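Structure record follows, encoded as structure tokens.
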Amino acid sequence: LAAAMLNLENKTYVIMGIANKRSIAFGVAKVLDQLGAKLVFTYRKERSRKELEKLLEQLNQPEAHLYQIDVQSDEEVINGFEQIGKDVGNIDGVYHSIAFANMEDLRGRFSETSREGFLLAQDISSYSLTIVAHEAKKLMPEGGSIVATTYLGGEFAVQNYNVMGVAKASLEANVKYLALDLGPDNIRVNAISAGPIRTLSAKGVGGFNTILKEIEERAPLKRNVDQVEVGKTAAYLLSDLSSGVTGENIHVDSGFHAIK
Amino acid sequence: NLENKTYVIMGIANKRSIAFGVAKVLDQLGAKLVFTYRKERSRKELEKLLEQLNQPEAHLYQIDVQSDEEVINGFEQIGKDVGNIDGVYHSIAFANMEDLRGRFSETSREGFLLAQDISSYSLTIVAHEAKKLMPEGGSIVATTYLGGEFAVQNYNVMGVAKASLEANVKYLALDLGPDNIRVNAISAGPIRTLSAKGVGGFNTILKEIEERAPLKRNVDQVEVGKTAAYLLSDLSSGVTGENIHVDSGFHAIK
Amino acid sequence: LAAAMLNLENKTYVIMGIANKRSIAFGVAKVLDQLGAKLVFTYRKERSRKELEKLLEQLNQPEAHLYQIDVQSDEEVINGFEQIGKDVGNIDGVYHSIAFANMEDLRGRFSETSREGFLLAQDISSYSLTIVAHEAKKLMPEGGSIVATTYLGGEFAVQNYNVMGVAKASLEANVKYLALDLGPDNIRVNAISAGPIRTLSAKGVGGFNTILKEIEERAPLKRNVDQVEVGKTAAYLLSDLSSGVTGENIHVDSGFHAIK
Amino acid sequence: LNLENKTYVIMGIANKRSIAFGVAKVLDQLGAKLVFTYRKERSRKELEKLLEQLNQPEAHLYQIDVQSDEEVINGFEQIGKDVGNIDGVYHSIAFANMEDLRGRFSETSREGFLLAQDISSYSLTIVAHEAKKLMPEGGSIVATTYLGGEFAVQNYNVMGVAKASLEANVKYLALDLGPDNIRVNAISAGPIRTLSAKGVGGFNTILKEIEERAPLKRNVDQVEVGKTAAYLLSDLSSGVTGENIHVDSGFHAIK
Ligand SMILES: NC(=O)c1ccc[n+]([C@@H]2O[C@H](COP(=O)([O-])OP(=O)(O)OC[C@H]3O[C@@H](n4cnc5c(N)ncnc54)[C@H](OP(=O)(O)O)[C@@H]3O)[C@@H](O)[C@H]2O)c1
Ligand SMILES: NC(=O)c1ccc[n+]([C@@H]2O[C@H](COP(=O)([O-])OP(=O)(O)OC[C@H]3O[C@@H](n4cnc5c(N)ncnc54)[C@H](OP(=O)(O)O)[C@@H]3O)[C@@H](O)[C@H]2O)c1
Ligand SMILES: NC(=O)c1ccc[n+]([C@@H]2O[C@H](COP(=O)([O-])OP(=O)(O)OC[C@H]3O[C@@H](n4cnc5c(N)ncnc54)[C@H](OP(=O)(O)O)[C@@H]3O)[C@@H](O)[C@H]2O)c1
Ligand SMILES: NC(=O)c1ccc[n+]([C@@H]2O[C@H](COP(=O)([O-])OP(=O)(O)OC[C@H]3O[C@@H](n4cnc5c(N)ncnc54)[C@H](OP(=O)(O)O)[C@@H]3O)[C@@H](O)[C@H]2O)c1
Ligand SMILES: Oc1cc(Cl)ccc1Oc1ccc(Cl)cc1Cl
Ligand SMILES: Oc1cc(Cl)ccc1Oc1ccc(Cl)cc1Cl
Ligand SMILES: Oc1cc(Cl)ccc1Oc1ccc(Cl)cc1Cl
Ligand SMILES: Oc1cc(Cl)ccc1Oc1ccc(Cl)cc1Cl
């Protein structure tokens, strides 16, 4: 009004990991756009470029700056972020919403996990944050905010989660280490731990429907969450409201983290 | 982010009170505020301190959280005077000087229980009474410290009272989440306040944050009030039982 | 058969909180008794004095030394421990297995808890470690080890547990503060976080039967724990085998803590 | 109690001051038969001399580089064939490139990150798989971690992320393998002067901090870790699994 203490209006954020309209990264987009932020979107699959194009109705007026980045490729993220920088100039944060593991590994007994599948999960689900934070920083000379999305399975052993649990525990340590390293550069680093939400990747998690229902009967709030509730915490964490907050993990999960 | 909401802020002593940073932040965001204080002789710092933008009173009620009557009658009166409410900010704690000074194993039964009473149980009754004024739901926030999670040098009995308060929060959040009332804590980094004088070696704890916290700077009262505004508002829709550390990232290191 | 790594065998341990033979503290006594230790027992109630005398076979010779101590009274625990010292000389540790809350409270909606109810639970389940630790330390000139008994309800908001949940978060912080304080005195202080066991006190917990069957179905080891399992970890903590362990909380719970 | 008739595979001995050597000493004294594994020829030759000690052969020294599926599978089959089936594994293996640990976390190379995970974290997963084949009635697996897996500690970097991963590996393994009556647990050891420790920047300051700030006001040694390991490896820790015990003078529990 200005209740720009948010300060996020006419600042630019990069949102990585929109697949389709149920993507967590999409509820983030929706909430930042509404608050006046300029947005740059990166994707891996050509199908996700098409959904982005159709999705950007909504309020951003170019492009909304659609770049192709596979986090497995050092080259693609170095050169993707260099190009963002040349095309829109400097950046104020990044929302990271990228994970992957093989369906077979997740199914599927943990002690049987292959080396390639263990390491693939760490590659895409954890390390990607680290090169991404490194390349993005370059476009952030007076600081900024990076936010990654995690699951309670990085903190506790959860039934069908297997190798992804381990990849999230690793993501979560990566966040604190990036926070200590990038803090003197006025960069904040944080995670949202989201409750379960029906998305494209979610149907690769076994017993997914049973866990929805557990939150419903068991979480403090006796409901589950949606993408725009994550988006609203992303907005806090990306804004100046979270000024004093780094290395932290915010559960947007109806309070399930706090119970039994 | 907006006006139209009424929040009760408990625990302003003066201009450096954490609950004053909260006040300021909520006032700028357009909230109507209600203020509690402990003793009738300091009603007058307080009205004087409250310029600021609130237009009456701003609704000042005397509540010593040790009395069951005073919390009940107090909130009763608040609902009568201003109607019903959106949230509460809790920023009260106390322990005896001689307890915190003071080897922990030497603590007395009554000084132990006094810290528990004032720093912990008060969130319980206040949440019960405040709920009566929150028929669509709302948000309750309490202020805690790192010494509730970890044994910290001269914190002693308050350390145990804060871990009490932190478990207090989680349980209230379970009990009250069906009523649509969310309950969260903010673990604040060290801030120079009137009550800070009771914490031994305070210079050394601030210098430690500068040298060691990710941010390499101490936090302020308004920084707390900003995370409080997130917590109190709809911004934090799915969050309850949580403890947001507003402390330059110190909770996360070594 | 030296251990003698354990270093338990001609040593005196005060055991507080035996009601009958299914008391978690009785699991402790049978295990230290087996390991060669001298034992001192404290009771509150009369009913436990007759319970204790009969129960005290086993292979402990005198009384073995039974003191009435009600942890609500400063005098009882100062004089109690002062008597233990006159009668047996100095001591090597304390097993603390004492807690109480009004059943009306745990019943029970947490926000409705009375102030007397809440402070009662704190006094007995939490403050009691602090004077006991203080009074016993006067019999441990050379150092020593003190263990209290906790529950997952101290870390997570659990359905029928309420004010006791809050009293166990407090106890656990009490163990950490006492470790920091008493460490330079070479007194280690630690907690065991026990899973559910059918004891006389377990009556006070609504739906105990249900939290029994959940451990068995969900806990890594797919089974419940018994009192001698807690006992063995208590031997471990009381012994020199845990020589470098202080302020710690060990979960004897089949792995329940580590999941979901 | 606390005895013989048990057989433990101990992995990660380099020299007289390897943490796992402290574990070996403690177990050796408690009557166990010890099988040892090593990567470098250098370490085998340190093992042979260290074996004086009580163990009467070999003790059963096996070359196993946890980087090859093939060597951990073939090594454990051979351990099977040579000493029969087993009662537990003590795992003390970790690696990171020195450049990394120096060395600003945000600059970490992809390949340095995945190397830390491969050797420091995944190794427990396959070790557990192959070990389990020699433990038809159950047993106990212990891995060695460090507070830096829980908190961003100064020069620790890529190794802290690999221990965070390790620490989760233990919990998920515990859940998977607990029906099979196998317990899995970690010991979070305080800082101790070992071959690999001198790869950690400012170790010497991270030593003296424990002595001034830890409840106990001293650091620990390899044998204190071996006494906890002895607890975890034996039935004395019967109901305990997916747990992390800090043998660190209480450091984990303060400020
Ligand atoms: N939904 C839930 O309950 C659930 C529960 C808890 C925590 N989380 C966390 O939420 C985050 C986002 O997932 P979502 O549920 O919103 O699913 P989503 O719609 O399926 O999208 C996941 C995104 O990951 C991207 N991605 C995968 N590998 C990539 C690579 N190598 N390079 C670049 N992008 C890659 C995918 O890109 P392409 O489509 O272009 O391949 C996709 O856009 C995940 O990190 C998840 O781990 C979600
Ligand atoms: N300063 C910090 O470093 C610090 C940092 C970390 C987290 N925490 C937590 O933040 C909270 C607020 O403290 P502060 O530092 O902002 O100090 P503060 O300005 O001195 O405020 C403390 C408030 O507690 C009130 N209070 C004490 N006993 C009471 C009782 N029986 N009934 C009603 N009110 C009572 C005091 O009222 P009167 O003065 O009017 O009597 C005072 O207004 C406390 O909960 C504290 O434990 C504070
Ligand atoms: N049983 C379990 O499932 C269980 C499980 C997980 C964690 N925990 C924790 O385990 C601990 C041990 O209880 P338990 O289950 O073994 O039950 P128990 O056999 O009922 O023993 C409880 C002991 O508390 C004593 N006590 C209560 N108030 C006292 C006082 N004011 N002064 C002296 N002694 C007092 C009782 O003595 P009198 O009968 O003579 O009054 C009794 O000896 C409790 O602290 C509990 O909080 C318990
Ligand atoms: N010392 C400390 O204070 C420090 C303390 C905090 C926690 N921990 C944890 O302690 C554990 C044991 O280390 P330590 O300090 O005792 O070090 P150490 O004596 O240097 O032993 C490290 C061991 O790791 C083995 N290793 C490395 N890469 C391997 C590979 N690819 N395959 C098989 N073995 C491999 C080494 O074998 P080769 O020599 O044959 O190459 C060596 O025996 C580590 O996991 C560490 O992370 C130690
Ligand atoms: O589960 C996933 C699996 C993959 Cl391969 C990729 C993304 C995923 O996202 C999630 C979906 C549902 C829940 Cl409960 C947790 C997470 Cl991390
Ligand atoms: O310390 C206090 C002591 C009392 Cl008797 C009352 C309030 C207090 O408030 C604080 C001030 C500074 C820090 Cl570091 C932590 C806290 Cl809980
Ligand atoms: O629950 C209790 C309640 C009271 Cl009034 C006294 C002792 C208790 O002891 C217990 C018994 C069972 C479980 Cl599951 C947990 C605990 Cl702490
Ligand atoms: O530091 C290490 C570095 C490497 Cl590459 C391998 C093993 C190590 O072992 C340690 C030694 C000291 C401390 Cl404090 C922590 C750890 Cl994990």
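Each chain gets a letter, A, B and so on, in the order the sequences are listed, and its residues count up from 1. Looks like X-ray crystallography, 2.3 Å, at least that's what the header says. Heavy atoms only: backbone and side chains are in, while hydrogens, waters and symmetry mates are out. Counting starts at 1 for both ligands and their atoms, in listed order.
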- Message: Out of curiosity, which chain makes more contacts with ligand 6 than the others? Name from the PDB entry, please.
- Response: Enoyl-[acyl-carrier-protein] reductase [NADH]
- Choosing between propofol, adefovir, triclosan, which one is at ligand 6? triclosan
- For triclosan (ligand 6), which other chains fall inside a heavy-atom cut-off of 4.0 Å? B
- Region of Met97(B) engaging triclosan (ligand 6) - heavy atom pairs below 4.0 Å: neither
- Measuring heavy atom to heavy atom, which UniProt active-site residue of chain B lies nearest triclosan (ligand 6), and how far away, to 1 Å? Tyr155(B), 2 Å
- Does triclosan (ligand 6) have an atom that lies less than 4.0 angstrom from a heavy atom of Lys162(B)? yes
- Message: List triclosan (ligand 6) atoms under 4.0 Å from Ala196(B), heavy atoms only on the residue side.
- Response: 11 (C), 12 (C)
- By number and element, which atoms of triclosan (ligand 6) are closer than 4.0 Å to a non-hydrogen atom of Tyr145(B)? 14 (Cl)
- What atoms of triclosan (ligand 6) come within less than 4.0 Å of a heavy atom belonging to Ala93(B)? 6 (C), 7 (C)
- Item | Shared residues: UniProt NADP(+)-binding in chain B, heavy atom under 4.0 Å from triclosan (ligand 6) | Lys162(B), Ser195(B)
- Query: In this entry, what organism is named for chain B?
  - Reply: Staphylococcus aureus
- Task: Please list every residue in chain B that UniProt marks as binding substrate and that has a heavy atom under 4.0 Å from triclosan (ligand 6).
- Result: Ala95(B)
- Item | Proximity flag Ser195(B) to triclosan (ligand 6), non-hydrogen atoms under 4.0 Å | yes
- Query: Taking heavy atoms under 4.0 Å, what residues and nucleotides bind triclosan (ligand 6)?
  - Reply: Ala93(B), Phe94(B), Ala95(B), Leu100(B), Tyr145(B), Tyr155(B), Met158(B), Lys162(B), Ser195(B), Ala196(B), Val199(B), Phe202(B)
